[PDB]
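Below is Sphingosine 1-phosphate receptor 1 with ozanimod bound.
Protein chains get the first letters and strands the later ones, always in sequence-line order, with residue 1 at the start of each. Order of appearance sets the numbers: ligands from 1, and atoms from 1 within every ligand.
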Amino acid sequence: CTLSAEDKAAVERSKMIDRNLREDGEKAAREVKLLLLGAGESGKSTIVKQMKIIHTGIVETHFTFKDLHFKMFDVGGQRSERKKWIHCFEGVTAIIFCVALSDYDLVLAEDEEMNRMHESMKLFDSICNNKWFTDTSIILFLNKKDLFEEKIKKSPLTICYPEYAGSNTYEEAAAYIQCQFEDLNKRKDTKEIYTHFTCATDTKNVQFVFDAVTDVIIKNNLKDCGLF
Amino acid sequence: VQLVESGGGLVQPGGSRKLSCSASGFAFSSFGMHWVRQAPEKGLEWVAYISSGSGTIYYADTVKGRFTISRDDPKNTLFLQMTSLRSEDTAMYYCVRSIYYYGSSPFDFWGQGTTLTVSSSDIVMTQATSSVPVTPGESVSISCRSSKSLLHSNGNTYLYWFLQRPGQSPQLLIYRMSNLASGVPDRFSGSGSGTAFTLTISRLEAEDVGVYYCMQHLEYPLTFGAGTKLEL
Amino acid sequence: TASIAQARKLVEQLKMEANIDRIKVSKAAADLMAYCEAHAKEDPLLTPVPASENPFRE
Amino acid sequence: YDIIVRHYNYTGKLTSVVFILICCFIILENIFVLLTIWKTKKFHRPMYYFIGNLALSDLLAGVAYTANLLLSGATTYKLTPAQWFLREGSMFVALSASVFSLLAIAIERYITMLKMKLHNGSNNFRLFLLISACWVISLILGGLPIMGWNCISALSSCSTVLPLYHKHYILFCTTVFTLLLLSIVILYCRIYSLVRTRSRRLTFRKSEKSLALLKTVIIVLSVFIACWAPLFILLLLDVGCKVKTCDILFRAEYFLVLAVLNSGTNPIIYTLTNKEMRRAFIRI
Amino acid sequence: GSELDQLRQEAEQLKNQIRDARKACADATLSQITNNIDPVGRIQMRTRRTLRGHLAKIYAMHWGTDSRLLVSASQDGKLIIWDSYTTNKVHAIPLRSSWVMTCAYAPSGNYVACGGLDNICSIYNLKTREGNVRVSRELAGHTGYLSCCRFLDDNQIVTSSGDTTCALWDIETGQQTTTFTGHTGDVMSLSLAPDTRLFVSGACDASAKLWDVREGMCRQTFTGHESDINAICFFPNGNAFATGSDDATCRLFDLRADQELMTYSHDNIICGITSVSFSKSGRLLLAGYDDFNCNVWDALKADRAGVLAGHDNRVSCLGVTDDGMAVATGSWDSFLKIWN
Ligand SMILES: CC(C)Oc1ccc(-c2nc(-c3cccc4c3CC[C@@H]4NCCO)no2)cc1C#N
């Protein structure tokens, strides 16, 4: 109409550009994105290396399993303040958390009075009770188990934990650690914690991650249509 | 970039051969294509156009319904087919890329061209004169006149300008009214008012001689000028 | 003993900044007032403009 | 007029205050639900538009029932037959639309739960298609007696509960209502079967939500069927019974009370079920 | 151990002399002097265009020199270049890492750059021979994330990294020329002067410093805030700059005298400040709060004179055009709006 001869050609460019944008915006919306966190010596490297791989600063790992595309952002190289770049991770399906069971009698460097489990619990509290992650579930991993058994065998558990009434048995020590970690969860009605013990079999770990993701997807779909 | 034409041969009247051109060195999938027929000792005339993605296919009123044209994106090859052929279709054939957006330069790179021999309302744009004798080192003023007001409500005239070297394909010099194209020296300059347009050259050398043309783009049925020759 | 270098650097920066000239606050206020009152005619934000000239007409 | 006194004489047809107040309560509940859904930007996905449509439909049903009860009485003989047909048409158009919406809700829920899409965003084409189809089918089913199947000549063919309507029309309405009722149960059972099997089979190694879904299904699917049964059995009964042989047929006004009360009780179930909309209502 | 003590008391008495000279120089506030001026009535600005097409949050936006073209970045990984007049799109430059937090536009309209969380500033070319968009250079010399980067010229770029430092790069060579250090917190805001000779940066601990590009050392510092600095912009004159913060308080400073002039705070706001930009004549101080709406804070009277509440989520970027024709604000709902 009012547009000139070549002005209508520029409007056609906007249409194909918007089409190409919408086509790519839908392909990246059907893949599961999950964040990874943990301490420096929490065994995150052995976890990211043991699992299947297909692929400074942020690092992204892309792998597929059971016709699902997973993205793993390892935010470990950021030495700046965490409160500044944490709001861009608002949309995420899960938050992988990794801690070390055997790392409970080893004090943190340049310090002789503070245990590493203390700052581990502090980081877990800051992550779970954050004002942004009030709806995303948390998957929890225990990296080492055999070294933990050897350590509780040669060293008592009462050195790290000030109160303890049970015996020096791994079967009850693991349950105590799990109950202590699940206690630091204020939002007990909007999020859940799935715990697991890392074993030598990668298939079990991948299956557990897939099961947790499927459970989160089912819960999200149920909450989507207001069915529960 | 590189462009070449193929499928040039003598054809008797009533016979048809398809035209093929191959483009390499750029994103062919986002460039529109124009065909240009150049008759011997005559001015060239627009033929056909296809937009990016084969969305809008246009034709000329003379060869409407008689030429079939299509694009092949995966192989970056362009095809042109005709149904009927007459005794006046004997002319050169060129293909020129063109992309239309804010600040773009259409008709930037002309193709080499091929030879085709056959053996047996709209805007009226007339140039000032046929040929001018010019001694080197003198300013030259060329005026191209149109029968309509090319100035649009947006505020930009749509009269293009380009030169053709003797024996080579023409190259774009000045888009719109004044902007200079990329690669050409700053000696060339143009101006206009809306009805009568002129071009001024500061210094003239020996490597820029030939014929000049003025194109219109306000209304879609593109028409070129007669062609004024520059004599050294 | 490594904080001595940064301490000397910071005290050098401080004694260097201590030589900056100071101007009266009333003079700065007057200059700001003159600047905002001189170019107030060419501001289409606080000065209403007719819709016949706005390129953003709807 | 002439034909009005004849049919009522042939059929034999020769306590309304609480209905007005319950209808006004339904209307205020519905205009409150509409205001709650409209003013909040969060409830703008295509899911809540079905609930808004159902609320508008049962509001129209309440208004139509109020108008029908107000016009009913001794004044029915004075009004023109077209006005009477109008009353019946209005009633059918209200209730048919309400039952039909309620099915589109379950269709959308089953389509959503069928495949995991990870996002609430969806095309509005299917939403507009479903809403328009529901509305036009309700309008056509309501206006059909005006065009054909009028029971204006065969006085015996007309129904007993109310004259001027053909028996085959009642049979058609019953046969479509039973199909809608079957489809509702089929979808609301298949969705629960799907949710339970996928979760038990594919989330085995590491319930409470399955029981909540079962409770929601056994509430929503049972409240509707428990209330829409008397009207359906009466509509199947009046067909077989002969004229002047059923005394219960004359007292058919009470059966519609719970039938229209279902429309007013649906928003309570569709709002107190989910927590987000309940919290939004509590905030207001 | 006495050396650290004597240097500490030396620095303390230096700070005492500085604050004494700062207090002795000021006579009266700016609000007392500007008590005989007619304030603006009401700034009623209505939306004109609605630029839509993004599918994620928006973190940056810059206006071209022609006051016609603007560029915006999103977490989706696109660098769409919009046309303000006609609303059509011109380019859809993709990104390698879909984590971006800054943008810039060349003064000549040739290059466009964007940093991000991958501590790498990539520069794209828009005037290439072909029809696509190529990466001219990828600058990687920082440890922390990049926060904001502006083009000082067509061949030099200045970046503000997260590891308490700022560096000036060179495009042809690819290596940084000069590095500015001295900040104690994460530098996350900077803006260039109109003459492109000086520039100031806002630290993360209630501090704002002034730098020079030629000599390359800190000249003056300003303090007074409580939480931190979150936005910086110069006066159109180029001789003053107003800074934002997180505790609902934006202030205006002076360059000749390191004094605080005016504070724009209200008792009804307890929310942070994300972006601050002046007007064409330095009379309207637009500020974008994170409570879903903007503000039109007056520059000389410290009273609100307009509200632009047409948004859905928190605003994260906004900037006035070169000629003062319109202002554009971008929020987290992937919707840009042009106010006039
Ligand atoms: C699938 C849905 C649309 O099916 C239906 C929906 C709705 C209905 C439906 N019947 C009636 C109805 C039935 C009997 C009497 C009277 C009425 C209305 C007024 C009249 N009272 C006068 C007393 O003398 N009102 O509504 C029947 C069916 C069926 N079958």
Practice prompt. Report the chain letters of other chains having a non-hydrogen atom under 4.0 Å from ozanimod.
Written response: D
Practice prompt. Give, by chain and number, every residue with a heavy atom within 4.0 Å of ozanimod.
Written response: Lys13(D), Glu88(D), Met91(D), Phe92(D), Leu95(D), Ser96(D), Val161(D), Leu162(D), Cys173(D), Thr174(D), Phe177(D), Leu235(D), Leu256(D)
Item to complete: Look up the source organism of chain D in the entry and report it.
Response: Homo sapiens
